[PDB]
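Entry below: contains gliclazide.
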Amino acid sequence: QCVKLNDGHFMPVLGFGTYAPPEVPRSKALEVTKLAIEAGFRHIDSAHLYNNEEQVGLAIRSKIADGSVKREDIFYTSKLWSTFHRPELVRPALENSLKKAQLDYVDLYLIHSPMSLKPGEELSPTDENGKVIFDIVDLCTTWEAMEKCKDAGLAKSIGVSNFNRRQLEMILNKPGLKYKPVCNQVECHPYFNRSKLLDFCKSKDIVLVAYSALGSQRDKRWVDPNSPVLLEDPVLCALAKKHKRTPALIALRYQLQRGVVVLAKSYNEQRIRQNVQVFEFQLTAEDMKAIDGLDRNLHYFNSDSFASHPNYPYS
Ligand SMILES: NC(=O)c1ccc[n+]([C@@H]2O[C@H](COP(=O)([O-])OP(=O)(O)OC[C@H]3O[C@@H](n4cnc5c(N)ncnc54)[C@H](OP(=O)(O)O)[C@@H]3O)[C@@H](O)[C@H]2O)c1
Ligand SMILES: Cc1ccc(S(=O)(=O)NC(=O)NN2C[C@H]3CCC[C@H]3C2)cc1
């Protein structure tokens, strides 16, 4: 159950989301990554930002050592954080991710976000009035350094995340482009279905990878507590009743049938195992149209500061 990427590599269509907020002890990521692998997940999404690559990498080594999987059975994604966009910083950022995880390579490396931040050791650099410090970087140069990570064998595939159409075209029209982005990992769910971006991506052989596909973790630091709770949506619950599944399963299946590769974060053993049942049933064309009607241009992530950034993707 994979999709063929535009560089000839294969991505599993269901991915495991690994981010958990800092109140969750770091040992949990180790435990639940093992559980996801045990359940059947093979595509695993992490990032430098998530402060978990060591734990996720150790789960993977653990499941290889005990004979459940081989390295080449696992599709592992990491991401370049926005403080490392300057081209000279890209390779060392990846090498550090690889060292942490103890892998020789990632299956996929992404530019996490187009919103460049000031180089340094803070993930979130701020000035003397507490304002986040943006950086200005030609992302075409970042991308060239990404291509070099691929040729260097350190990333089998390269792509982007949180790019809008204009940003994607800037890469696609770059003079001397060697590798297209294989994907664009973006927020995508029935309340924000991205159909326009998705059709653009499809026209360019670029895979759209959905995050917050289950409505996000509703973290009080970035998500308005008054936003509607996706999985309480009454169309989603009535489809769940109809198919005898769950609303999460409806949300995940929706993405698969529209050609979207979908991530699903759970740190709960039974929900982890539930999510792999997405492959067991199908929505009707009329179900899919019903879900398509739910879009409300709702993005769960908000930060007013990021909105002023010149590369803010929702400009
Ligand atoms: N590129 C980016 O900028 C970006 C941004 C955000 C996320 N991501 C990636 O995408 C992953 C997923 O997105 P997300 O973290 O926003 O979460 P999500 O996949 O939208 O899931 C949100 C919540 O749904 C719950 N859930 C999972 N399965 C369930 C089921 N079957 N029934 C009921 N509830 C269920 C989980 O809680 P429990 O843990 O309690 O089950 C989870 O906290 C992330 O972990 C990360 O890998 C990338
Ligand atoms: C510190 C922290 C913040 C947020 C999250 S998270 O929001 O749960 N997950 C995620 O990957 N990153 N964010 C979405 C992107 C758009 C803007 C910049 C990026 C940040 C995890 C960890």
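Heads up, chain A uses the PDB entry numbers, so what you see runs 6-320. We count ligands from 1, going down the list as the structure has it; atoms in each ligand are counted the same way.
- In this structure, every copy of gliclazide sits at ligand 2.
- Counting heavy-atom pairs under 4.5 Å, the chain with the largest count for gliclazide is, by its name in UniProt, Aldo-keto reductase family 1 member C3.
- Comparing heavy-atom distances from atom 16 (C) of gliclazide across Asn57, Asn167, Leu54, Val228 singles out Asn167 as nearest.
- Gliclazide is approached by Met120 to a heavy-atom distance shorter than 4.0 Å.
- With a cut-off of 4.0 Å, the other ligands and ions near gliclazide are: ligand 1 (NADP nicotinamide-adenine-dinucleotide phosphate).
- Taking only non-hydrogen atoms, the option from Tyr55, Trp86, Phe306, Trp227 nearest to atom 18 (C) of gliclazide is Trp86.
- Considering both main-chain and side-chain atoms, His117 comes within under 3.5 Å of gliclazide through a nitrogen or oxygen pair.
- When the UniProt NADP(+)-binding residues of chain A are filtered for a heavy atom under 4.0 Å from gliclazide, what remains is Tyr24, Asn167.
- UniProt lists residues of chain A as binding substrate; of these, a heavy atom within 4.0 Å of gliclazide is found for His117.
- For atom 8 (O) of gliclazide, the closest heavy atom belonging to the protein is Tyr24 CD2, 3.5 Å.
- For chain A and gliclazide, the nearest UniProt active-site residue, with heavy-atom distance to 1 Å, is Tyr55, 2 Å.
- Heavy atoms within 4.0 Å of gliclazide belong to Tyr24, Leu54, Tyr55, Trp86, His117, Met120, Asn167, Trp227, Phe306.
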Tabulated below should be the N or O atoms of gliclazide paired with protein N or O atoms at under 3.5 Å; can you produce that?
unit_1	atom_1	unit_2	atom_2	d
gliclazide	11 (O)	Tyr55	OH	2.4
gliclazide	11 (O)	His117	NE2	2.9
gliclazide	12 (N)	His117	NE2	3.4

